[PDB]
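Opening remarks: the structure here includes momelotinib.
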Amino acid sequence: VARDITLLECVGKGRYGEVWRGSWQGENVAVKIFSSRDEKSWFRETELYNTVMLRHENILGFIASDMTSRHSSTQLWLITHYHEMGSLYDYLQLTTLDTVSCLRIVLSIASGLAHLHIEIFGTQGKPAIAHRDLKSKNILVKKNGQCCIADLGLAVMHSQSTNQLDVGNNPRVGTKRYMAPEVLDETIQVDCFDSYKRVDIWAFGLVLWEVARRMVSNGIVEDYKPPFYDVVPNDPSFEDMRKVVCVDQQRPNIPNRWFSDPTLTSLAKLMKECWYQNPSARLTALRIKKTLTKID
Ligand SMILES: N#CCNC(=O)c1ccc(-c2ccnc(Nc3ccc(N4CCOCC4)cc3)n2)cc1
């Protein structure tokens, strides 16, 4: 419960709220305190962690939900494991990677995404889940080099047994930088569950690009950069994204030095197969996981 947690330092702040390192019984925990404008995401994520009972070594480990009243307002808390290395966005700016380190990160992310997408049938089986806002800032780096996925407030669920679709009721929109072309020009079929899985794939390809840039080969390595850093400004608008992703059909450039390394070359082909304008031509999360397991 919140009254037993000592907030020790703020490690994040934004439109979503803020993220704190706290102590509970003398050991670290992560507390996300949701902004007023993002209450729906707390409700959605509490449903997944509590009712569906989501857990997996590549999904941020849940501890508890709670409401606490403070300063004459009521706050919505989400308490989870603490990872001192921060998010992949922070980690990649402080270190380069070797071949084995680079492959763990991208294999563990694909392993997390596959768990979400795949339905487990039976008595109390988890439905299929699409994330819908995957990015490097809501993926965490664990001390064993593997990653885990967080920030599930936009998720959509599906069960083929009943074949009903639960899109929830959240006014939040995805991060514009990572938006997929069928989103930016409003052709995505909102009634078909596969549509949301193919959105996660597009975003996964971008994160794969972000990480591969940091792997060293033959003494060469790129600085960290976010997707489309060279053609859109910070906090880009819906219109900016569409000009780049739809009108000009642009994609993150493949650095030429990648073509003198066998791992980076196999990862480049995988990226491009996540980036088709035609959403149904993209690979599945399971396909990606399998391919990454055989690359070395
Ligand atoms: N933008 C955006 C959305 N991000 C999140 O919702 C989010 C971010 C982080 C965590 C989270 C979870 C567990 N542990 C941690 N640890 C953490 C440690 C260091 C940092 N720092 C980043 C800034 O500089 C100092 C290190 C951030 C998070 N974060 C959970 C949700």
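Chain A is numbered as in the PDB entry; the shown residues are, in order, 204-499. Atoms within each ligand, like the ligands themselves, are counted from 1 in listed order. What's counted below: heavy atoms across the whole structure, side chains too, no hydrogens, waters or symmetry copies.
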Exercise. From the contacts in this model, which chain binds momelotinib most extensively, according to the PDB entry?
Worked result: Activin receptor type I
Exercise. Which UniProt domain of chain A holds most of the residues in contact with momelotinib?
Worked result: Protein kinase
Problem set entry | Min N/O separation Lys235 to momelotinib under 3.5 Å | yes
Exercise. Should you measure from each heavy atom of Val214, which atoms of momelotinib turn up under 4.0 Å away?
Worked result: 20 (C), 21 (N), 22 (C), 23 (C), 27 (C), 28 (C)
For this session: State the atoms of momelotinib, each with its element, that fall below the 4.0 Å cut-off from a heavy-atom position in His284.
Result: 13 (C), 14 (N)
Exercise. What species name appears in the entry as the source of chain A?
Worked result: Homo sapiens
Exercise. Using heavy atoms and a threshold below 4.0 Å, how should the contact between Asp293 and momelotinib be classified: side chain, backbone, both, or neither?
Worked result: side chain
Exercise. Taking the minimum heavy-atom distance to atom 15 (C) of momelotinib, which of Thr378, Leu343, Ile342, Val344 ranks first?
Worked result: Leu343
Exercise. Which option, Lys340, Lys345, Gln296, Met288, owns the non-hydrogen atom nearest atom 4 (N) of momelotinib?
Worked result: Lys340
Exercise. Heavy-atom distance to atom 17 (C) of momelotinib: which of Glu287, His286, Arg224 wins?
Worked result: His286
Exercise. What is the closest UniProt-listed active-site residue in chain A relative to momelotinib, with its shortest non-hydrogen distance rounded to 1 Å?
Worked result: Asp336, 7 Å
Exercise. Which residues and nucleotides from other chains come within 4.0 Å of momelotinib, counting heavy atoms only?
Worked result: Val214, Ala233, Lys235, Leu263, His284, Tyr285, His286, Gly289, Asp293, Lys338, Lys340, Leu343, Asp354
